[PDB]
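Model: 3C-like proteinase nsp5 / ligand nirmatrelvir (bound form).
Sequence lines set the chain letters: A, B, ... in the order given, protein chains first and strands last, and positions in each chain run from 1. Numbering of ligands and ligand atoms starts at 1, following listing order. Heavy atoms only: backbone and side chains are in, while hydrogens, waters and symmetry mates are out.
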Amino acid sequence: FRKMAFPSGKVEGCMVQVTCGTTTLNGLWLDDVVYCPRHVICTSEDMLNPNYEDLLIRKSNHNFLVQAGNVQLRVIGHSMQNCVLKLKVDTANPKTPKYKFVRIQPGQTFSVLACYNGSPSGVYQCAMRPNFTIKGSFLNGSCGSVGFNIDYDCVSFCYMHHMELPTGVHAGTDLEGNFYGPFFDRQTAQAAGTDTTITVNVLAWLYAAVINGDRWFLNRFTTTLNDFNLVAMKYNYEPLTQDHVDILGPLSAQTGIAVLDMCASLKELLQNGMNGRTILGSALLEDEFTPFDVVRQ
Amino acid sequence: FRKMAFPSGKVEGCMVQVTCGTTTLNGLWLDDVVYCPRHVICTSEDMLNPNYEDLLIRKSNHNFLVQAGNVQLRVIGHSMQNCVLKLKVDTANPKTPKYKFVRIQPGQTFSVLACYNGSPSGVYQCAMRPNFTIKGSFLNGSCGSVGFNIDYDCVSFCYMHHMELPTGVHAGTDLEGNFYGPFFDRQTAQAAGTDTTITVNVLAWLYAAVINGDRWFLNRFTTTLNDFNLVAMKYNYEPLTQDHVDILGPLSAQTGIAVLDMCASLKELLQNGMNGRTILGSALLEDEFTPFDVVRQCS
Ligand SMILES: CC(C)(C)[C@H](NC(=O)C(F)(F)F)C(=O)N1C[C@H]2[C@@H]([C@H]1C(=O)N[C@H](C=N)C[C@@H]1CCNC1=O)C2(C)C
Ligand SMILES: CC(C)(C)[C@H](NC(=O)C(F)(F)F)C(=O)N1C[C@H]2[C@@H]([C@H]1C(=O)N[C@H](C=N)C[C@@H]1CCNC1=O)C2(C)C
């Protein structure tokens, strides 16, 4: 049972390089539009305190250098949508997949295609944390890298990368340019709210451990949903809803372990610890696999 | 610090499906040849005790259904090379990348593009274990999925998937059909050997921690490679080779910590434990990041 990303080819064909002045990052080329973080228009000094509408009105189409491979695409128009810039180019991307823009929920997962200078570097799986950060792997020039899910050859873009917080976690926007979380694209110290653990995902992962022959954490006990949520809240876990219980149905039916019985197991894990034992090779409770992730794998 | 697979697009454009009778698996389409596990020619009953030479004699080109999506590629020739079949087709794949076939050593990592019916399903990083198994994630119909590394636009194919052992780990071949480890493509009781920890990768992980400022474990001692190798095996760690010492060269230069000094630091970790302290936020020493993986992620 591995953290598994979606095949990235459909997204690789969409990555381009965007330069304004001496600022360079990645863009996403779909049909005849390139989407990229708006702070590409910023000088270094601008980023410390930008007034984006005022900075953008002072730019011309010819200030935007867009490169796809070695081929320059001419910008023929531009607009700003929240924190994303939409550059109209004079060429349609022939490799545009069927796609949609979606805004995801805390706890959902997605694949990230990390890119530098318009070129793909690596692919990995991420989750939207409850505090709306993501634990990514992003370096200088990675902005404009996107997160996505793939469903029957349709790419659902959900994330575009903008910033790294001092704790090393990452913040970004949906493809309408609205940040996930209370963050904003100004270079100034920003802390995230206290994070919590995605309970439904921990349970899905415990079910994965049982589907793969590991049962040592199970117990003969049971619990009510309300009594479980009291202990979960005490340990900085998110509430478990009845919708969550229903979503875990196929995993419980597959294993014959009632959801509330697995909750009792997690409650004992939380109160007793793991005592140096491991689950699927992990020394800690893993919360970045959704129920759908477990089933698909 | 997390596992990061290579972008998989160059390999996606090479995946096809291969069916013989009712057995369907994946194949790799490069130029005008499709590579796939030879057991595609087996009936389920054949798999229990196959004579591949005799079974291939009773097959002709017209018994092979190669499809790119739902589009058939006409087979014009077939031959067996060790445990892989090579089907010559009448069309050169226009998506063929620059590529090489390489045989990897234990400890080396690679990305796996898991495929079903020729359709890519997911991508993840794997390490070749010292017992020549991989801790993969594969279901029915995954055979013929491949593992690969990429360097500057050249795809190095190193693994093709054939089978799952009773402990849930996986075994396969290089792209010349030669199994890694002492395994055979017969459905018969087989078992992964005892495994060991990939020492060179643990050292790479310690260098990664030092680079990021987590360096409490650096000690004031040193050792010789021979001395270290003899003690390491007492803890089920692999001995180091001359090649291992040299591939740690760049991380050693970057940090200023000599390879043998880091070896002495590891030996102290093995002989006395971590004392509740973590390294890169982990209580366990990670052994599936190569020195290249550490440099790749930081660059
Ligand atoms: C890292 C840092 C101190 C610089 C800063 N962070 C904060 O100011 C915070 F604290 F508010 F978050 C920050 O990210 N930026 C400063 C400036 C842009 C952004 C930025 O450089 N983005 C990079 C895109 N190419 C991706 C970064 C690079 C390092 N790793 C990443 O992921 C903007 C907010 C406009
Ligand atoms: C596991 C079975 C117990 C099924 C068997 N294993 C052993 O016989 C062993 F125990 F010896 F290994 C086994 O794998 N095979 C039997 C037969 C081929 C192979 C096989 O079905 N390959 C699948 C390719 N599509 C991938 C498998 C499917 C499940 N997960 C996988 O990865 C061959 C050796 C010729």
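Lab note - other chains with heavy atoms under 4.0 Å from nirmatrelvir (bound form, ligand 2): B. Binding site of nirmatrelvir (bound form, ligand 2) at 4.0 Å (heavy atoms): B:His39, B:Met47, B:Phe138, B:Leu139, B:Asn140, B:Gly141, B:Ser142, B:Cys143, B:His161, B:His162, B:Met163, B:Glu164, B:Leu165, B:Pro166, B:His170, B:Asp185, B:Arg186, B:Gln187, B:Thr188, B:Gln190.
Checked against a 3.5 angstrom limit, the closest N/O atoms of B:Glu164 and nirmatrelvir (bound form, ligand 2) fall inside it.
Where the criterion is an N or O separation shorter than 3.5 Å, residue side chain and backbone included, B:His162 meets it with respect to nirmatrelvir (bound form, ligand 2).
The entry gives the source of chain B as Severe acute respiratory syndrome coronavirus 2. At least one N/O-N/O distance between B:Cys143 and nirmatrelvir (bound form, ligand 2) falls below 3.5 Å.
The shortest N or O to N or O distance between B:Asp185 and nirmatrelvir (bound form, ligand 2) is not below 3.5 Å.
Of the residues UniProt marks as active site in chain B, nearest to nirmatrelvir (bound form, ligand 2) with least heavy-atom distance to 1 Å is B:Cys143, 2 Å. Looking at chain B, most residues touching nirmatrelvir (bound form, ligand 2) fall inside the UniProt domain Peptidase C30.
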N/O pairs closer than 3.5 Å, nirmatrelvir (bound form, ligand 2) and protein:
{"from": "nirmatrelvir (bound form, ligand 2)", "atom 1": "6 (N)", "to": "B:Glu164", "atom 2": "O", "distance (Å)": "3.0"}
{"from": "nirmatrelvir (bound form, ligand 2)", "atom 1": "14 (O)", "to": "B:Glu164", "atom 2": "N", "distance (Å)": "3.0"}
{"from": "nirmatrelvir (bound form, ligand 2)", "atom 1": "22 (N)", "to": "B:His162", "atom 2": "O", "distance (Å)": "2.9"}
{"from": "nirmatrelvir (bound form, ligand 2)", "atom 1": "25 (N)", "to": "B:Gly141", "atom 2": "N", "distance (Å)": "3.4"}
{"from": "nirmatrelvir (bound form, ligand 2)", "atom 1": "25 (N)", "to": "B:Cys143", "atom 2": "N", "distance (Å)": "3.1"}
{"from": "nirmatrelvir (bound form, ligand 2)", "atom 1": "30 (N)", "to": "B:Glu164", "atom 2": "OE1", "distance (Å)": "3.0"}
{"from": "nirmatrelvir (bound form, ligand 2)", "atom 1": "32 (O)", "to": "B:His161", "atom 2": "NE2", "distance (Å)": "2.8"}

